[PDB]
Trainee: 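I'd like to ask some things about the structure below.
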Amino acid sequence: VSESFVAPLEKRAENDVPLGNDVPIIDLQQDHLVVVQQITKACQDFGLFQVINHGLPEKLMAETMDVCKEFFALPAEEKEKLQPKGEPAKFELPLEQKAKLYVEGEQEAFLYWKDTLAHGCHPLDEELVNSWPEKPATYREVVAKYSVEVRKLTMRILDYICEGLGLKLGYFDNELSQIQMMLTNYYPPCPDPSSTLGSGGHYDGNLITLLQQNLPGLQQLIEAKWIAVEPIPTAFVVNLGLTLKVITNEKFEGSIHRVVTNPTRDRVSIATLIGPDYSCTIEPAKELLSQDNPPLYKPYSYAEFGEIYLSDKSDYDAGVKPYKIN
Ligand SMILES: CN1[C@@H]2CC[C@H]1C[C@@H](OC(=O)[C@H](CO)c1ccccc1)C2
Ligand SMILES: [O]
Ligand SMILES: [Sr+2]
Ligand SMILES: [Sr+2]
Ligand SMILES: [V+3]
């Protein structure tokens, strides 16, 4: 493997990470109060859970995975059309909503063993969709339907979260969820998995993420122990973001997770990252604060947070360290 992709010794994954048997799998077709209670407990104790019987069509999930895999099978000459000035874009502000191919890593500088297609999905209009990939031919039709369905499911989950916290329904149905970035991640086979990472350990910086996977590689950090997240092809993995950790005043955990490489087979995952506009002010929900529950963060600019989150990887929560109080 090229030295560009060699992770620092301490960040390298061990070869036998055990299955996370305690990862909650929440059936959304249970009684309403049972769903609210199970989601609440998962958010409080884990910050990562799976949802099943979630009302998003299984056929649409399969068609979206198909067209995402078809995109990454396109030849070089087509993929160049999504590389600004001949190279992949970087996860840095301003983060534009038009489709680009992205490179990612840490600055002992190294790169993640990953190609990422990213674009905005909300609101859907002619201008946004016309900035999506031209190939495959059905990408725009399928991903337009997928993005609406994934948003619908995310807003259902956020309203379950509202009921669990004692916030009014629709608390997050505003500026706090106005950005919907869809990241299609391609992990080609890696000749030295012991030295590389598909994706470094991170919180998602946004509010909430729904992740679709059909192959192993996703791992979560629990009380410095890593566990493997079982791939369920018809489920969504829910990762609570650093923004939700702040707004709930740490009553909810954020999901710290990474992706390991595979020597023999490729892997495609689809992450829908919903969260605030860059103009937003983030603070602990006033409605939940008291003398017994004082705010642990001061108000901050999401744009200012974003710049630190995307550059400083000295700690998982480096993004919010400057805003910590009490
Ligand atoms: C694995 N990496 C992590 C998470 C996804 C991917 C790319 C990057 O995250 C983002 O670019 C998101 C886009 O919403 C972001 C940007 C600024 C603020 C909050 C969130 C870091
Ligand atoms: O992510
Ligand atoms: Sr190029
Ligand atoms: Sr175009
Ligand atoms: V993530």
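Heads up, chain A uses the PDB entry numbers, so what you see runs 13-119, 123-238, 240-342. In each ligand, atom 1 is the first atom listed, and ligand 1 is the first ligand listed. Atom set for the values below is all heavy atoms of this structure, side chains included, hydrogens, waters and symmetry mates excluded.
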Trainee: Mind telling me the name of the drug at ligand 1?
Mentor: hyoscyamine
Trainee: Just wondering - which macromolecule does hyoscyamine hug the most here, in the naming of the PDB entry?
Mentor: Hyoscyamine 6-beta-hydroxylase
Trainee: Is there a heavy atom of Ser214 sitting under 4.0 angstrom from any atom of hyoscyamine?
Mentor: yes
Trainee: As an exercise, identify every atom of hyoscyamine less than 4.0 angstrom from a heavy atom of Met196.
Mentor: 14 (O)
Trainee: Minimum distance, heavy atoms only, to atom 21 (C) of hyoscyamine: which one of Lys102, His217, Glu116 is it?
Mentor: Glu116
Trainee: Does the structure show any other ligand or ion less than 4.0 Å from hyoscyamine, and if so which one or ones?
Mentor: ligand 2 (oxygen atom)
Trainee: Which bit of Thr131 is near hyoscyamine, meaning a heavy atom under 4.0 Å away: side chain, backbone, both or neither?
Mentor: neither
Trainee: Write out the residue and atom name of the closest protein heavy atom to atom 11 (O) of hyoscyamine, then the distance separating them to 0.1 Å.
Mentor: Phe103 CD2, 3.4 Å
Trainee: Just jot down the hyoscyamine atoms closer than 4.0 angstrom to any heavy atom of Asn221, in number order.
Mentor: 19 (C), 20 (C)
Trainee: Is it the side chain (CB and beyond), the backbone, both or neither of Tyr114 that lies under 4.0 Å from hyoscyamine, heavy atoms counted?
Mentor: neither
Trainee: Considering only heavy atoms of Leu107, which atoms of hyoscyamine have at least one such atom less than 4.0 Å away?
Mentor: 11 (O), 13 (C)
Trainee: Measure the distance from atom 9 (O) of hyoscyamine to every protein heavy atom, then report the residue, atom name and distance (to 0.1 Å) of the closest one.
Mentor: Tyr325 CE2, 3.9 Å
Trainee: Looking only at heavy atoms, is any part of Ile194 under 4.0 Å from hyoscyamine, and if so is it the side chain, the backbone, or both, or is it neither?
Mentor: neither
Trainee: Which of the numbered atoms in hyoscyamine are below 4.0 angstrom from a heavy atom of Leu289?
Mentor: 5 (C), 12 (C)
Trainee: Among protein heavy atoms, which sits nearest to atom 19 (C) of hyoscyamine, and what does the distance come to when rounded to 0.1 Å?
Mentor: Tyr318 OH, 3.2 Å
Trainee: Taking heavy atoms under 4.0 Å, what residues and nucleotides bind hyoscyamine?
Mentor: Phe103, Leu107, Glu116, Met196, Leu198, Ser214, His217, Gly220, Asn221, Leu289, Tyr318, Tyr325, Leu326
